[PDB]
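Entry featuring zoledronic acid.
For reference, chains are lettered A, B, ... following the sequence lines as listed. Residues 91-414, in that order, are what chain A shows, numbered as in the PDB entry. Heads up, chain B uses the PDB entry numbers, so what you see runs 98-119, 134-312, 324-351, 353-361, 364-365, 371-413. Hydrogens, waters and symmetry mates are skipped; everything else that's a heavy atom, side chains included, is used. Ligands are counted one by one from 1 in listed order, and the atoms in each one are counted from 1 as well.
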Amino acid sequence: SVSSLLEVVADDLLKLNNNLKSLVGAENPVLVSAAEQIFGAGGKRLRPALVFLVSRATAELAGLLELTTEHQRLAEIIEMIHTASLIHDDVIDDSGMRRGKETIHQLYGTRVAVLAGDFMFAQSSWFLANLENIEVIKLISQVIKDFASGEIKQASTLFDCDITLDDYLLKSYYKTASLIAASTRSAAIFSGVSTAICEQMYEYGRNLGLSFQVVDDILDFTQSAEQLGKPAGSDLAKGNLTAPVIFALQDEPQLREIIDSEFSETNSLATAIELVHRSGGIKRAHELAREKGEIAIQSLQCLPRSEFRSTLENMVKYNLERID
Amino acid sequence: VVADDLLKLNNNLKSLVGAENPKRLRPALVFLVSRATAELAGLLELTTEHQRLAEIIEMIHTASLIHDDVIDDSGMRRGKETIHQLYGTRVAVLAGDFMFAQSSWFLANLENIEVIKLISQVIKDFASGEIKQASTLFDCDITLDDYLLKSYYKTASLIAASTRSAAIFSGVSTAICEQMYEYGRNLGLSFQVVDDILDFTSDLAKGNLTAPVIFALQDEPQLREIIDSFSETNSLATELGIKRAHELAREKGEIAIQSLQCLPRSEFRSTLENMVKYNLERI
Ligand SMILES: O=P(O)(O)C(O)(Cn1ccnc1)P(=O)(O)O
Ligand SMILES: C=C(C)CCOP(=O)(O)OP(=O)(O)O
Ligand SMILES: [Mg+2]
Ligand SMILES: [Mg+2]
Ligand SMILES: [Mg+2]
């Protein structure tokens, strides 16, 4: 249960959840309702939780009695950047279901959804500049660039089966892992801990996020749309060749033709899907997630033994057992 | 896309620094306000923050137009994928994001939190207001101040921020910087309402009733009638106001000129003074 997993920082999340409503304002009922749609749809709030967990462990190590106001704002900032990414991702992937509810672009047109994401990006970087830490300012600005860089790169290698796993991990760093890595390090920065601790907190966030996206790519093959709350079996059909396919593409070369066919033949997608399950593609991709999770756990031993650290120890083990 | 705007900008800024020795509008304002405030502060050359502020602003302006043209398909139950391939939707949003991201990334690397607070604010209200623009179309109940505010967020606010951050990067007094925000706001409004005139002389066909139409809809007893709807379909000529539309810009323009009087006599302060005059010269 994600509820029990995030128990030690449950109270911190409830303050954030009651606060995202006003995080955009009230002058614009369209933008307000567009935000209530995706915020109220029921996200997992995993990115604010890790910020909360890292902020507390590194605050105990630094002698702070409570959390700074910039800790609690940072958690609201990362979630709003994550939300802005999802909005722009759905317009890109032509997805009509997010978190069990209809996506914004199919309610208010693609333009308003794009502007809502543009607003959420500038809004978070505006809050972030008001936190006055210049180092976090540049770090998060790098992440906003990484989301666009990965999406342009992911859009240009579709149906290209000679894509390497090296490219696949770099792509998933840009669009998913860079934000999570910057959020865990920026939390350590607002606690004032040493540079080495700052660096290892960033290394936990990038490796947990890397395996997190690998699992997100697995659940597209192994879970239903109703289960995930978002369209399932969509990456392969669009030409986005995730780790199960790249692993599978090494032994069963019939995949190459079907994907280079752009699945034009009727029945081709159904047979290509079973060719992925045919091979050890799904399980070989899972062990890539386990390895990325192994590196993430090692970065935690720099911290003392605390239930904040052991929850952060549990969050990768929860990733490998997650049906979403 | 991003790499192409910087090229013709790096060249256009040189074509002006060469002309100053003995679109293109936004970095010209940054360049001339940068040097005017620079010589006042004892800076013998434009710093790097001034040079890369000019490309920051145009990248925001250009990325704005790209995202503003994203298609509305709300009530489309036909072929969504066909119109998006036809109008390059997925390409437009990705390039606009990357241009928006590289701009704030440049801005973040300048290590001035006051400019970052100001610029991100400009983008924020641009996105919010453009979401709200759907309602104000076909609405009789806007005042002249409500029009100047939508026209601020649309264009004028970005120009005012560019001219004040140019003064901030010269490290001069905050009163001269505040006067530099005032040069841009006004010239921006004065530039927006003169653009709103040029089209009508369609923008009301979609429902954008600018300052000409609000100086009307007052005298013109009805007017609201026609815009209340298809109707007589004729009379869609207009009525036609413009006297209070070429004077509205003339008044804002002389407020911008008045803000330049804190700067000493210089070839940049006079070129900036001629910027307002050249905007009204299109009459
Ligand atoms: O599969 P995607 O990477 O597009 C996704 O994980 C979202 N996303 C977008 C960028 N990083 C992650 P989602 O499946 O939620 O649609
Ligand atoms: C980066 C991608 C994988 C986001 C989707 O997974 P999440 O589980 O993090 O999305 P929400 O719960 O917040 O809706
Ligand atoms: Mg995607
Ligand atoms: Mg997607
Ligand atoms: Mg996915």
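The ligands or chains that make up zoledronic acid in this structure: ligand 1.
Going by UniProt, the chain with the most contacts to zoledronic acid (ligand 1) here is Probable solanesyl-diphosphate synthase 3, chloroplastic. By chain letter, those with a heavy atom nearer than 4.0 Å to zoledronic acid (ligand 1) are A. No N or O atom of A:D325 sits closer than 3.5 Å to an N or O atom of zoledronic acid (ligand 1). Given atom 1 (O) of zoledronic acid (ligand 1), the protein heavy atom at minimum distance is A:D306 OD2, 3.5 Å.
Taking every heavy atom of A:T266 and a limit of under 4.0 angstrom, the matching atoms of zoledronic acid (ligand 1) come to 11 (N), 12 (C). Between zoledronic acid (ligand 1) and the UniProt Mg(2+)-binding residues of chain A, heavy-atom distances under 4.0 Å are seen for A:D179, A:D183.
With ligand atoms numbered from 1 in the order given, zoledronic acid (ligand 1) contributes 13 (P), 14 (O), 15 (O) to contacts under 4.0 Å with heavy atoms of A:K320.
Taking atom 7 (C) of zoledronic acid (ligand 1) as the reference point, the nearest protein heavy-atom neighbour is A:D179 OD2, 3.6 Å.
Atom numbering of zoledronic acid (ligand 1) starts at 1 in the shown order; those under 4.0 Å from a heavy atom of A:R188 are 13 (P), 15 (O), 16 (O).
The single protein non-hydrogen atom nearest to atom 10 (C) of zoledronic acid (ligand 1) is A:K265 O, 3.3 Å, given as residue, atom name and distance. Neighbours of zoledronic acid (ligand 1) among the ligands and ions, at a cut-off of 4.0 Å: ligand 2 (3-methylbut-3-enyl trihydrogen diphosphate), ligand 3 (magnesium ion), ligand 4 (magnesium ion), ligand 5 (magnesium ion). Not one N or O of A:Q244 is nearer than 3.5 Å to an N or O of zoledronic acid (ligand 1), by distance alone. Each of the atoms 4 (O) of zoledronic acid (ligand 1) lies under 4.0 Å from some heavy atom of A:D183. UniProt isopentenyl diphosphate-binding residues of chain A with a heavy atom under 4.0 Å from zoledronic acid (ligand 1): none.
Heavy atoms within 4.0 Å of zoledronic acid (ligand 1) belong to A:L176, A:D179, A:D183, A:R188, A:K265, A:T266, A:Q303, A:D306, A:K320.
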